[PDB]
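Among the contents of this structure: lopinavir.
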Number of protein chains: 2
Amino acid sequence: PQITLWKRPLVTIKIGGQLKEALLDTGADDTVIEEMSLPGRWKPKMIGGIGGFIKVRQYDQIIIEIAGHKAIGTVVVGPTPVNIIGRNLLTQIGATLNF
Amino acid sequence: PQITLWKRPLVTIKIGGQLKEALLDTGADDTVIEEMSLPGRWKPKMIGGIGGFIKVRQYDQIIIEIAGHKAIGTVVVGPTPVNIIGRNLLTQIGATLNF
Ligand SMILES: Cc1cccc(C)c1OCC(=O)N[C@@H](Cc1ccccc1)[C@@H](O)C[C@H](Cc1ccccc1)NC(=O)[C@H](C(C)C)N1CCCNC1=O
Ligand SMILES: [Cl-]
Ligand SMILES: [Cl-]
Ligand SMILES: [Cl-]
Ligand code: NA
């Protein structure tokens, strides 16, 4: 699709067998999802941005279907105010900014 | 242009006669810049990022160039770690996310 930016670019994603709404976020390096279970090993890390830092659990090789497009990569899980699809997965679905 | 996302979508902007680096961010509702002087009166606003909310100064009808594209609109100033071009100005310059 071609998504205009009058509203937040929210899409449905499928992760860990669950449907979630998430923000397509060119300003995010990483994909950050609210608390959920994911399989496999994980490693803690901190993410800091506007407002300060939160602690997240990093899971590797997680598949996510984003608006119908499959991608695999690292997903971090933690107390984010909004589910965020960041550049590590936007590249995989071929998303670009155009103007 | 068409900007891929393998690296951060950083561009040069011009505001108050000065060049600065900023992030094109589809996950930001508004445009927030690091501390600088802008003309006119400002209004209070808060913006929420990954770690909580910050207070910013909202200036309206500010002249700003984004990657060579002229715009006039709302710019907020505050303690952001990175200059952010958000959806208000991305929409004005015709940007869309495509995949
Ligand atoms: C939501 C909003 C409303 C009004 C105005 C603004 C600017 C708004 O956006 C605020 C905001 O922080 N939006 C984020 C996503 C957002 C929207 C709504 C709520 C919470 C978050 C995101 O897009 C941009 C922001 C930029 C950033 C800031 C400081 C340092 C580095 C980068 N990016 C990050 O925080 C990312 C996180 C998400 C992995 N990040 C931080 C670790 C280093 N690298 C990195 O990429
Ligand atoms: Cl990844
Ligand atoms: Cl590509
Ligand atoms: Cl505006
Ligand atoms: Na894993």
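Chain IDs: alphabetical, in sequence-line order. So for chain A, numbering is the PDB entry's, and the shown residues are 1-99, in order. The PDB entry numbering applies to chain B: residues 1-99, in that order. We count ligands from 1, going down the list as the structure has it; atoms in each ligand are counted the same way. What's counted below: heavy atoms across the whole structure, side chains too, no hydrogens, waters or symmetry copies. Recorded method is X-ray crystallography, 1.4 Å.
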Review point. Every copy considered, what are the ligand or chain positions of lopinavir?
Key: ligand 1
Point to revise | Chain with most contacts to lopinavir (name per the PDB entry) | key: HIV-1 protease
Check your understanding: Which chain letters belong to other chains having any non-hydrogen atom below 4.0 Å from lopinavir?
Key -> A, B
**Study point:** Residues within 4.0 Å of lopinavir (heavy atoms)
**Key:** A:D25, A:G27, A:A28, A:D29, A:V32, A:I47, A:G48, A:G49, A:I50, A:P81, A:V82, A:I84, B:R8, B:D25, B:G27, B:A28, B:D29, B:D30, B:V32, B:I47, B:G48, B:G49, B:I50, B:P81, B:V82
Check your understanding: Does B:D29 reach lopinavir with a nitrogen or oxygen that is under 3.5 Å from one of the ligand's nitrogen or oxygen atoms?
Key -> no
Check your understanding: Any idea which protein heavy atom is nearest atom 16 (C) of lopinavir, and the distance to it?
Key -> A:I84 CD1, 3.9 Å
Point to revise | Protein contact of atom 41 (C) of lopinavir - nearest heavy atom, named by residue and atom, plus distance | key: A:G48 O, 3.2 Å
Check your understanding: Got the closest protein heavy atom to atom 33 (N) of lopinavir, with its distance?
Key -> A:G27 O, 2.9 Å
Check your understanding: Between A:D25 and lopinavir, is there a nitrogen or oxygen pair with a distance under 3.5 Å?
Key -> yes
Review point. Among all protein non-hydrogen atoms, which one is nearest to atom 5 (C) of lopinavir, and what is the separation to 0.1 Å?
Key: B:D30 N, 3.5 Å
Practice item. Identify, by atom number and element, the atoms of lopinavir in contact range of B:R8, meaning under 4.0 Å from any of its heavy atoms. Key: 44 (N)
Exercise for review: Report the nearest protein non-hydrogen atom to atom 12 (O) of lopinavir: residue, atom name, distance rounded to 0.1 Å.
Suggested key: B:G49 CA, 3.4 Å
